[PDB]
Trainee: 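The following entry shows ethoxzolamide complexed with 2-C-methyl-D-erythritol 2,4-cyclodiphosphate synthase.
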Amino acid sequence: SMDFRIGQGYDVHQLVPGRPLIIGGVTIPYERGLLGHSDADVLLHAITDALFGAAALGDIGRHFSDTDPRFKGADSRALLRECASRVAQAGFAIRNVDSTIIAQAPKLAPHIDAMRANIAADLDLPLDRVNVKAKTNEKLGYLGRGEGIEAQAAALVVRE
Amino acid sequence: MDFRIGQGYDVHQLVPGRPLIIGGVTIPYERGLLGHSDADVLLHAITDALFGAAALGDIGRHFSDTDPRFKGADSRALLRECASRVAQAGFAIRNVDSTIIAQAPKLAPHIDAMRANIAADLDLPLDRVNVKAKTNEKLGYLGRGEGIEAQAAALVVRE
Amino acid sequence: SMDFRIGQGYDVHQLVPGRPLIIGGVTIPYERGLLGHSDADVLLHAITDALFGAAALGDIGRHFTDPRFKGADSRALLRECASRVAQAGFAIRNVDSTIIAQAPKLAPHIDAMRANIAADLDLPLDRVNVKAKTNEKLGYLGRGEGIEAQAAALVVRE
Ligand SMILES: CCOc1ccc2nc(S(N)(=O)=O)sc2c1
Ligand SMILES: [Zn+2]
Ligand SMILES: [Zn+2]
Ligand SMILES: [Zn+2]
């Protein structure tokens, strides 16, 4: 009950016109969307990587391949749920997740509760163990120019 | 045994005509950080880590850029109120770690003072607070000195 | 026992011609390598900073002109870092990390990096993790101008 481990996750996707904007499982109206072979859900990908990392199971690319017919059409919530199943099977219980989305636009505050609810459901966690934060990049860099969106995640687990 | 972790990120532009305040320390420099508050990028990152570890949202939720209450605000006062709310939520802080990334000025002479400020504001001994500082090895807008970034991690426990 | 602490680390180095690419102690075939005073192993630097941070010992810049470390490679420095963490009364519980590089492919080398780090930190493999991804062609990382590493470390004061 004291074998705690920490994991950390990072992801980024390009933001361009012509695709939907989906973050934390939430479709957000915007003139641009994230590019990636999946649904490009940068927040769920970062959290997934933090969870695999806390369990020392490698990373999201080692677990899911575009070539794998099991996951070919899978959205990022299905990937997060499978991640959590593998983390549990390796012997770990998740204690909490925290995260940050960095986007110059749109405003993400109205969507935070919905994202937290999706993530908590997918991880079978109480809502008060899941946190999502959001901020701009103060107009600096490709993030500040609206050319991508970044997500960071931290996860604490314990080996039971 | 109810431990929780949080992580924080912040960045502010470096501009002429502003005080440079990082970790609560007013640093002599021809430029300063631009923000609604005093724009203390390090304290904001730590504030976000603490709110995040307690699942209390983020700094924008508690101390909005849009609220005139916080124009020019002392970010140490914001950090102390953050810590008060984290305590009110049932959490004790176990440690904080952080990094400042900047091309200039030299931060080594100021790091110990930043650590002491953060420790005081969080009611922690110095040995549970850590401030790291580095350059971005000449890359990107940080390499060009256009802003300063801070990162933070916080461990809390629900008592 | 229960005095846990967390640390976090970040580093980035430029990719330059005429130098070997060494990440996680692994020499990787590539026409460029990382620039730095050391061998510029950006992954070991990030982990080193996370460990110093978790133990509240400052940072890599304060720890490392010293004739003990003049020509030291990054694994010797990681080992010395781990010594100083132990000196302060801390035991390492786990390390996690991410390498961000547009090229070359790091997947074939990850297992060796983890084994190198585990040996240097005197940890079992199941307490060390290395992740790797691209930057989706964004920014200086996406243009192949540098490689970034991030790390998180958990320690306990015994
Ligand atoms: C079936 C889906 O398989 C994959 C494979 C790689 C992969 N990488 C990411 S990332 N680098 O976090 O944008 S999400 C993803 C999904
Ligand atoms: Zn992704
Ligand atoms: Zn700020
Ligand atoms: Zn370095």
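Chain letters run A, B, ... following the sequence lines, proteins first and then strands; every chain starts at 1. We count ligands from 1, going down the list as the structure has it; atoms in each ligand are counted the same way. Header lists the method as X-ray crystallography, 1.8 Å.
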Trainee: Specify every chain or ligand assigned to ethoxzolamide.
Mentor: ligand 1
Trainee: Counting only non-hydrogen atoms strictly under 4.0 Å, which other chains reach ethoxzolamide?
Mentor: A, C
Trainee: Does only the side chain of A:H13 get under 4.0 Å from ethoxzolamide, or the backbone, or both, or neither? Count heavy atoms.
Mentor: side chain
Trainee: Mind checking whether A:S65 contacts ethoxzolamide via backbone (N, CA, C, O), side chain (CB onward), both or neither, at a 4.0 Å heavy-atom cut-off?
Mentor: backbone
Trainee: What I want to know is whether C:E136 and ethoxzolamide share at least one N or O pair that is separated by under 3.5 angstrom.
Mentor: no
Trainee: With heavy atoms of A:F71 as the reference, note each atom of ethoxzolamide found under 4.0 Å away.
Mentor: 1 (C)
Trainee: I'm curious, any covalent attachment for ethoxzolamide in this structure? Which residue and atom?
Mentor: none
Trainee: Could you tell me which residues in chain A that UniProt says bind divalent metal cation have heavy atoms under 4.0 Å from ethoxzolamide?
Mentor: A:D11, A:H13, A:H45
Trainee: Should A:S38 be counted as touching ethoxzolamide, given the test is an N or O pair under 3.5 Å?
Mentor: no
Trainee: Do any nitrogen or oxygen atoms of A:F64 come within less than 3.5 Å of a nitrogen or oxygen of ethoxzolamide?
Mentor: yes
Trainee: Write out the residues of other chains lying under 4.0 Å from ethoxzolamide, heavy atoms counted.
Mentor: A:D11, A:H13, A:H45, A:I60, A:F64, A:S65, A:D66, A:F71, C:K133
